[PDB]
Amino acid sequence: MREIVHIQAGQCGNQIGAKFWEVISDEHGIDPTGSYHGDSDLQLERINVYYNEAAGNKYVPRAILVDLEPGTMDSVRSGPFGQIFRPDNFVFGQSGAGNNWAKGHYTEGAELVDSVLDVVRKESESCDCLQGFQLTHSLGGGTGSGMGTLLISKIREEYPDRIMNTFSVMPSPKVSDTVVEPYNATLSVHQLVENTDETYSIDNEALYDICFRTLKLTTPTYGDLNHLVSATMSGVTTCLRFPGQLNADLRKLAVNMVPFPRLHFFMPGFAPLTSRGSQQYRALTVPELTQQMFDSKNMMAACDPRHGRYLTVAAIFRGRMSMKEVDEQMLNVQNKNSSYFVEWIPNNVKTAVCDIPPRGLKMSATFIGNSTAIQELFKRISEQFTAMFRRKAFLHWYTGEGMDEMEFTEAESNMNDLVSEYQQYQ
Amino acid sequence: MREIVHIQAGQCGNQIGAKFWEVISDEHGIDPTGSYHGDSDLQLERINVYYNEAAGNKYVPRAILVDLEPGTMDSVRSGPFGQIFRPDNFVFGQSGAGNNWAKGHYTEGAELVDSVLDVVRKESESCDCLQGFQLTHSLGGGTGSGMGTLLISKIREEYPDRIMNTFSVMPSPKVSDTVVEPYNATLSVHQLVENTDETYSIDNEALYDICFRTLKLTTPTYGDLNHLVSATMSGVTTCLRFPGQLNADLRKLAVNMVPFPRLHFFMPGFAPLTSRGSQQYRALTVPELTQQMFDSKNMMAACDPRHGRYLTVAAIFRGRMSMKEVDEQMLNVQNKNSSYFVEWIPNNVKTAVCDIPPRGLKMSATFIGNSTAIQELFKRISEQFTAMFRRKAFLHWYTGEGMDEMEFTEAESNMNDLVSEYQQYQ
Amino acid sequence: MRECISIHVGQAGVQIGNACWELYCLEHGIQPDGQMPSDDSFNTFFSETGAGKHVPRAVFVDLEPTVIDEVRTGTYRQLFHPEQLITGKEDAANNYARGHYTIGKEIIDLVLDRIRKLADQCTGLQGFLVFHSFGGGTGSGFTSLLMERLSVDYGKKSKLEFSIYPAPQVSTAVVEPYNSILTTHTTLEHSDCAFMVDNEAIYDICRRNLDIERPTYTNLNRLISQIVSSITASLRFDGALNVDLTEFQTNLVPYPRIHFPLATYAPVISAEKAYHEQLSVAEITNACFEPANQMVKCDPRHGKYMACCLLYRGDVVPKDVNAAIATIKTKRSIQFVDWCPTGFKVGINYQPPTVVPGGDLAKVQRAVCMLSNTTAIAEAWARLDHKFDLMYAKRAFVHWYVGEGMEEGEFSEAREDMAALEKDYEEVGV
Amino acid sequence: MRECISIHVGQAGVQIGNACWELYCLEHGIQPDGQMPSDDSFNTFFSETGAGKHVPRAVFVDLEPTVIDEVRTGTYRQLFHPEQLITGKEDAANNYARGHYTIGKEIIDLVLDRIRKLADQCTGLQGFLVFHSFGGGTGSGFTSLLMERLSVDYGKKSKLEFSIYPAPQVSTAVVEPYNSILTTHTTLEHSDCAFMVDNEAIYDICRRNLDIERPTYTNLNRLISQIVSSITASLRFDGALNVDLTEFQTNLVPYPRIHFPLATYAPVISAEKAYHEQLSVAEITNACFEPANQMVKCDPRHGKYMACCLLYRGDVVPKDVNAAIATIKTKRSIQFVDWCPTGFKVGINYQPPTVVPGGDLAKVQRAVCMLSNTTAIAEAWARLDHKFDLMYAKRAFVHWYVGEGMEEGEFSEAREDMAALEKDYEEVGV
Ligand SMILES: CC(=O)O[C@H]1C(=O)[C@@]2(C)[C@H]([C@H](OC(=O)c3ccccc3)[C@]3(O)C[C@H](OC(=O)[C@H](O)[C@@H](NC(=O)c4ccccc4)c4ccccc4)C(C)=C1C3(C)C)[C@]1(OC(C)=O)CO[C@@H]1C[C@@H]2O
Ligand SMILES: CC(=O)O[C@H]1C(=O)[C@@]2(C)[C@H]([C@H](OC(=O)c3ccccc3)[C@]3(O)C[C@H](OC(=O)[C@H](O)[C@@H](NC(=O)c4ccccc4)c4ccccc4)C(C)=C1C3(C)C)[C@]1(OC(C)=O)CO[C@@H]1C[C@@H]2O
Ligand SMILES: Nc1nc2c(ncn2[C@@H]2O[C@H](COP(=O)(O)OP(=O)(O)OP(=O)(O)O)[C@@H](O)[C@H]2O)c(=O)[nH]1
Ligand SMILES: Nc1nc2c(ncn2[C@@H]2O[C@H](COP(=O)(O)OP(=O)(O)OP(=O)(O)O)[C@@H](O)[C@H]2O)c(=O)[nH]1
Ligand SMILES: Nc1nc2c(ncn2[C@@H]2O[C@H](COP(=O)(O)OP(=O)(O)O)[C@@H](O)[C@H]2O)c(=O)[nH]1
Ligand SMILES: Nc1nc2c(ncn2[C@@H]2O[C@H](COP(=O)(O)OP(=O)(O)O)[C@@H](O)[C@H]2O)c(=O)[nH]1
Ligand SMILES: [Mg+2]
Ligand SMILES: [Mg+2]
């Protein structure tokens with residue numbers, strides 16, 4: 001019944017993934033041993049969406065864990081929830097990707113993908129009715145960017161009608177740890193625009209801005225950033241795991257969210273968000289849940305939505321709330337902000353409402369925005385790529401893996417074609 | 001391991017040699033019997049450089065003792081350390097050289113060299129890896145000048161790639177005991193310029209100047225002069241006998257010291273040197289060790305280095321000292337005295353640093369200077385030769401041994417060719 | 001005899017069903033386990049088995065499991081026959097073409113097999129009561145697949161249809177206009193009387209009459225069921241003037257395609273208000289001609305009325321009804337067509353409206369459901385085809401419909417057929 | 001897995017080795033007899049035998065016995081395998097041609113046999129760490145003989161190379177410029193990342209930061225090992241951002257020949273100073289862009305930076321690192337090339353820097369090693385080729401090189417190939 005297969009690639013994808021498995025295990029009331037310990041029948045009713053049932057009433061997550069180095073598998077397997085995963089679903093190399101997209105796609109991961117893909121088959125054949133693939137990765141570095149898009153290509157060719165749904169942490173100029181992220185990302189966006197049905201564009205600069213200017217964390221770690229990502233990953237699948245007043249499958253999102261086939265790059269967000277020293281003074285009610293959810297400060301990509309127009313927004317609410325109040329606020333937003341929505345779509349907001357709010361919240365909203373402002377993320381990556389490529393800087397590391405300058409030229413060509421299609425509707 | 005074969009010729013060579021064996025036996029902690037009695041493992045680690053190990057843990061020095069008279073063998077064998085040498089290595093005639101170079105080279109020593117050279121073979125075949133030959137002699141008189149350069153020629157022809165390293169006491173106008181020293185020396189320098197790899201030019205006038213104007217000895221003997229020579233003989237081989245921060249073999253000296261093949265005539269020196277009544281007021285530290293070491297008063301040839309330029313200097317330091325402080329002082333010297341070094345070599349100073357200073361010193365430096373001022377020693381010998389030869393004075397004593405006036409003309413020709421090559425770079 | 005087969009499609013139809021069957025069980029005195037403690041009044045809606053268990057004449061259909069698995073688990077799990085709660089594996093994704101061509105194509109012959117096993121228990125089947133959303137993928141596409149089959153399989157039988165239709169401002173989907181326009185062939189060709197209802201109109205009725213500031217859907221579905229209980233009351237109960245389900249249509253429908261009446265109910269009122277006014281037949285009759293009580297956001301004064309069915313129930317007497325509608329004929333703001341000099345069909349039933357015990361709505365001695373054919377409803381169509389035009393000029397989501405087996409030309413052919421309905425409702429008003 | 005073979009050549013390489021292996025033993029908790037009292041963190045640097053003895057993955061090579069006979073006698077005599085401490089009989093005499101052609105020609109096939117017996121124990125060999133003097137005869141001539149063999153025998157494997165390079169003023173030899181220029185073919189053709197270091201720069205760092213007025217070499221070698229412990233830390237330990245030894249090179253090296261980065265370390269500090277300042281991530285990050293802390297006497301402000309690897313270790317957090325390098329991008333005195341808009345590779349490792357207990361250098365919670373590709377380093381080459389030119393115009397020592405089997409034309413061919421490297425580092429700065 002609408003099974004999801006989840007796949008983790010590289011350090012970032014395995015870290016946002018290994019936090020995601022701690023969040024949805026808390027929701028479903030599953031112990032770090034894989035045993036069920038929850039309160040409620042509703043936690044158990046759709047446990048099959050993410051977990052295989054196993055002997056002794058143990059639940060094993062339908063995660064495949066992929067890396068070209070052992071050290072992230074060792075860090076996950078030893079971690080807070082590491083024992084929960086199937087030992088056979090840790091698929092790994094020994095020598096890493098070197099932060100090189102061509103090692104991921106052509107050499108080190110091209111060897112390993114035959115050992116990954118045949119595990120994705122064992123999980124997908126164990127499903128009663130698979131709805132899709134849920135892949136966590138980063139576009140900087142080599143493993144997530146180059147092996148993860150190799151794996152998207154292989155699963156897309158094998159499962160053409162299932163939802164391919166990716167959560168994609170991707171570069172920004174003021175928060176970069178690597179020299180060649182513009183190259184790795186440009187070579188990777190060329191695969192996402194053709195193969196995925198949805199891609200949720202996430203940024204460490206925007207995840208630090210939420211931590212500093214909303215949560216008021218003094219020293220936010222990657223563990224705190226991974227917690228913001230995994231709240232929205234749990235958010236968008238909620239309506240196939242819990243009952244609601246308006247149910248929305250990942251496909252019911254895509255049909256409403258994607259006007260033209262390639263405009264599937266989304267900017268996620270979450271509400272409520274507060275400092276732990278001010279949760280005492282807020283009212284969590286739907287109007288305040290809305291005024292934060294549409295705030296340029298709340299969204300997890302550095303693109304300000306005031307530099308474009310929304311095509312579609314989806315607000316997936318959770319909790320006991322009025323349909324009049326939800327339908328009132330999603331009207332009031334797009335009439336009072338009408339200059340920020342495209343006027344050739346007569347209603348730009350999809351709504352969904354689940355009856356079960358996150359553990360310890362009375363209400364939540366997960367926000368998904370498809371906005372012409374996402375061009376500013378692809379434009380800045382292309383402008384960084386261009387400076388390095390106009391002088392062939394670092395290209396012996398990619399061409400030494402058997403790649404061509406023609407593939408760089410074709411990737412940056414397809415990047416500017418994606419930018420031009422979002423700018424066209426602005 | 002880098003064995004040296006040492007050879008002593010005539011009265012002076014056997015006297016500076018028989019003192020040298022008392023100095024290096026004190027360093028290596030060897031008793032006048034030949035038994036080891038030292039403090040330290042480092043004394044015994046490289047005993048093979050100068051000695052043969054023999055039964056009962058007796059160490060026999062690898063010295064060959066050569067003379068045309070028995071009386072210096074009798075004086076060495078009866079001396080402070082005389083019983084240490086191998087009885088077979090005393091090789092001698094009965095009738096002396098008469099202070100005649102032609103008796104040494106053509107008659108009295110030409111008979112004896114067949115009995116010398118076959119002992120140099122027994123010592124060199126007992127070596128594990130011979131590095132070179134260390135020959136002590138004088139250029140005045142007949143035995144050291146004429147037999148010692150015959151023996152250099154024979155060992156050079158037999159061992160062409162080993163270091164030939166000679167310590168050569170040589171004439172001066174104000175401290176001469178013999179009429180025909182200009183002839184004997186001119187005939188001898190013609191052999192040294194072609195065959196030796198290094199020649200350390202030493203002068204009794206400079207060795208008396210150290211005794212009078214530095215050590216303040218009231219009545220300096222030849223035993224006191226022989227002690228100054230043998231300190232620098234022990235000095236230059238230190239880095240193949242003891243550990244150090246910078247090791248320099250006799251070959252590592254030659255490669256740095258000899259810019260053009262024939263410019264191998266060096267002016268040695270030593271520090272510290274003090275009167276025994278003023279050692280109480282000096283600080284032995286590297287800056288004061290340097291300011292003495294480069295002093296025109298400290299060097300063991302009568303040539304003032306202020307009448308030329310240094311090609312290369314080597315300062316072989318011994319003791320626990322800073323490499324910054326040594327590298328600072330050897331820089332400060334050649335920048336503050338830049339008019340006294342050749343400006344076509346960009347650094348004129350070689351440094352070496354041994355961890356083991358001489359017994360009873362905290363620090364020492366042995367100085368080696370290759371200077372265009374050494375021409376003044378060969379120029380004055382040639383100017384004395386010229387006055388005697390322009391009237392054929394004393395030549396029946398040489399031509400009676402079967403020599404020619406053509407050999408005198410060719411020797412003084414080669415003397416002025418050596419002077420002209422040092423003057424060329426001045 | 002006098003059976004009705006009630007078919008509840010998609011989330012909206014199933015959740016209105018979960019309010020309809022909550023009501024019918026109270027109104028006939030059937031427990032939520034289907035038993036009846038202590039006349040054949042239940043027979044229209046319930047088959048009776050020899051154990052003394054009353055099993056409802058209903059089919060619940062959804063292409064995804066979530067909403068019907070909740071019906072299979074909540075208080076009504078023992079009411080329904082387990083194989084007439086029908087689920088697929090795969091959601092219709094608010095895409096008409098998944099409902100009609102690709103996903104619902106697998107479940108249809110299981111749905112019709114259950115409807116056959118219900119119809120074979122009916123001794124004198126009166127009609128079908130079909131409940132759905134116009135905006136849904138299952139709501140539009142599966143209902144239109146089902147109705148095409150029922151209209152060849154049961155061609156004589158009346159097909160009454162209760163539709164939650166898109167609002168002026170309130171909407172839950174971007175593609176709600178596409179699904180609604182594609183549905184207009186279903187209602188025109190394969191339906192006999194189609195009751196459009198609007199979420200935004202019922203929300204405003206809730207705010208003004210019930211004093212509830214922020215309602216859920218459970219508040220709306222208790223008003224949409226109160227209307228069908230009032231339509232079907234004459235089939236279930238004794239009355240002074242009982243109206244048959246074809247007698248209803250012979251008075252409502254002037255021309256074969258002109259079968260889209262408005263509906264309204266009175267008194268919608270809070271229990272706190274209902275003490276301070278007397279709620280006479282004339283008051284509740286006049287309440288039905290207020291724009292404030294219409295359950296579609298259009299103004300009846302911008303139209304002409306063609307025919308009204310005032311379906312009174314409870315303590316109502318034919319004197320008071322004649323005296324009431326004589327005042328409605330006196331008022332010039334309520335304008336009828338020149339060709340309907342009679343105007344009003346009247347029904348009067350002796351059974352008071354049943355309160356659901358958790359409800360927002362008062363106990364009252366009298367109610368009326370007014371079902372009303374009027375030219376005004378064409379504005380609710382002229383709203384939504386202007387939403388369709390903006391998107392279809394760009395082809396703004398068409399690749400998801402074409403990608404699931406639909407002809408692209410069906411969008412032009414559906415907007416064309418809607419303009420011919422919107423022409424007919426303007427053409428008869430002259 | 002993740003092994004490194006560490007090859008220590010001549011006196012400088014062996015004495016830096018005797019500081020590197022002093023450090024690695026403390027950092028992994030290995031006794032100087034190779035035993036370990038009480039995780040595979042040691043595995044990069046040590047093979048483990050069944051007795052519980054950890055034997056280092058290192059070869060020590062010298063053409064003369066003196067320095068390695070001291071390693072065979074001092075506190076580490078029991079650490080090393082006795083046949084991977086390799087000695088000849090004959091010194092190389094500061095003559096490149098003795099190291100390369102005449103003396104080292106005898107020992108090479110014994111050296112490569114030990115490297116093979118190390119590589120056959122490596123399950124996933126990462127690279128070679130080669131330590132030497134540019135000015136030595138064994139340092140230049142034997143390393144260049146060895147690297148030519150390793151570059152045909154292990155062609156894929158990364159060869160990182162740590163070179164003590166001649167200074168502006170400080171020198172120990174007359175022929176140091178000849179040996180260094182003859183080495184430039186080795187680093188260009190048979191090396192993958194070459195870390196030049198200078199004795200005169202480290203002496204000035206010792207005077208200013210460590211408060212030590214007159215240092216020995218043992219003070220320098222405890223700073224050169226602190227850098228390689230910081231390069232290799234990501235191979236040995238857990239981190240927030242571990243950097244692979246090829247990930248390092250993919251960010252450092254923009255063009256195949258442009259692999260001569262500077263290195264610097266912070267905080268170099270005396271234990272007496274380290275109480276009176278707080279040594280935050282931003283302070284130690286800014287310390288790496290001072291000319292005062294560069295370990296080659298050249299000024300980075302006379303160049304442009306191409307790429308930096310800030311390899312942080314100890315109590316460092318990615319927030320503080322982003323906030324630090326944003327200030328380095330703010331300062332106009334620190335100039336990057338127009339074609340590297342990213343600039344910084346960052347690594348962050350959880351293991352604090354290990355103090356050697358006899359050392360001059362403080363305990364600190366944080367360190368950074370900054371390895372840095374910059375155009376400025378071409379001045380250290382333009383210094384030394386002007387020393388070569390004065391001597392080679394006279395042929396000033398050439399008979400010792402020609403006398404030991406070298407072609408005279410190799411001096412012209414080496415000065416030519418250096419001018420082509422000094423051209424490339426000027427050519428990319430535009
Ligand atoms: C008394 C009270 O109100 O406690 C809150 C709280 O103080 C606040 C600040 C929480 C808190 O969030 C954080 O501290 C935080 C820190 C870094 C990054 C992200 C979050 C909270 O920890 C988070 C926690 O949320 C949950 O437990 C949800 O079920 C969440 N899952 C987890 O956070 C989780 C943590 C550890 C292990 C497993 C799961 C979730 C979110 C989306 C979808 C499914 C589940 C909640 C409500 C609170 C605390 C405990 C203080 C907030 O988070 C959420 C998602 O509600 C941060 O801003 C909101 C507003 C809340 O008021
Ligand atoms: C308390 C103190 O400082 O004693 C010194 C001393 O007073 C001075 C004057 C010594 C003394 O030197 C002389 O008396 C002397 C006389 C004539 C010619 C040469 C030297 C000393 O005798 C010399 C002696 O040196 C050694 O013993 C070395 O190991 C030396 N070997 C010998 O002299 C020796 C003597 C007898 C038998 C065997 C060896 C040596 C030199 C170079 C390389 C290896 C070994 C030393 C330090 C001292 C005295 C004892 C007073 C000096 O000599 C040396 C080489 O250091 C002369 O100037 C220096 C400075 C010293 O301060
Ligand atoms: N009154 C009322 N309206 C509802 C209810 N549920 C949904 N709606 C309305 O139904 C419309 C959307 O239809 P869906 O609920 O998506 O219909 P569906 O058939 O389940 O659609 P699919 O998921 O695509 O199969 C919206 O305009 C809602 O306001 C309900 O319980 N009551
Ligand atoms: N930091 C440091 N520098 C050293 C050390 N030993 C030597 N050097 C430097 O090394 C350079 C000279 O190289 P050598 O020590 O002669 O190299 P080598 O390989 O042993 O040379 P050969 O004896 O000819 O074989 C000088 O510039 C020294 O300053 C040491 O232990 N540490
Ligand atoms: N949010 C998040 N970002 C991370 C994490 N680890 C690394 N990143 C960041 O995102 C990039 C991910 O690259 P990485 O996943 O290391 O490359 P790969 O392992 O080769 O795929 C890094 O440069 C970091 O800036 C993590 O745990 N969480
Ligand atoms: N330093 C030193 N010089 C000596 C010694 N004996 C002689 N000389 C001097 O140096 C010259 C050496 O000549 P000599 O060795 O006697 O000639 P040979 O025996 O024929 O070789 C003599 O004229 C003396 O001036 C001595 O013991 N030490
Ligand atoms: Mg539905
Ligand atoms: Mg050496």
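Reminder, nothing fancy here: chain letters follow the sequence lines and each chain counts from 1. Every heavy atom of this structure was used, including side-chain atoms; hydrogens, water molecules and symmetry mates were not. Read the numbers this way: they start at 1 and go in the same order the structure lists the ligands and their atoms. So how was this one determined? The header says electron microscopy, 2.9 Å.
Per the PDB entry, the macromolecule making the most contacts with ligand 1 here is Tubulin beta chain.
The PDB lists the drug found at ligand 1 under the name Taxol.
Under a 4.0 Å heavy-atom cut-off, the other chains found next to Taxol (ligand 1) are A.
At a heavy-atom cut-off of 4.0 Å, the residues contacting Taxol (ligand 1) are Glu22(A), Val23(A), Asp26(A), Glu27(A), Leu215(A), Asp224(A), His227(A), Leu228(A), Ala231(A), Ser234(A), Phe270(A), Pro272(A), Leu273(A), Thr274(A), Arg276(A), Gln279(A), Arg318(A), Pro358(A), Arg359(A), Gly360(A), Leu361(A).
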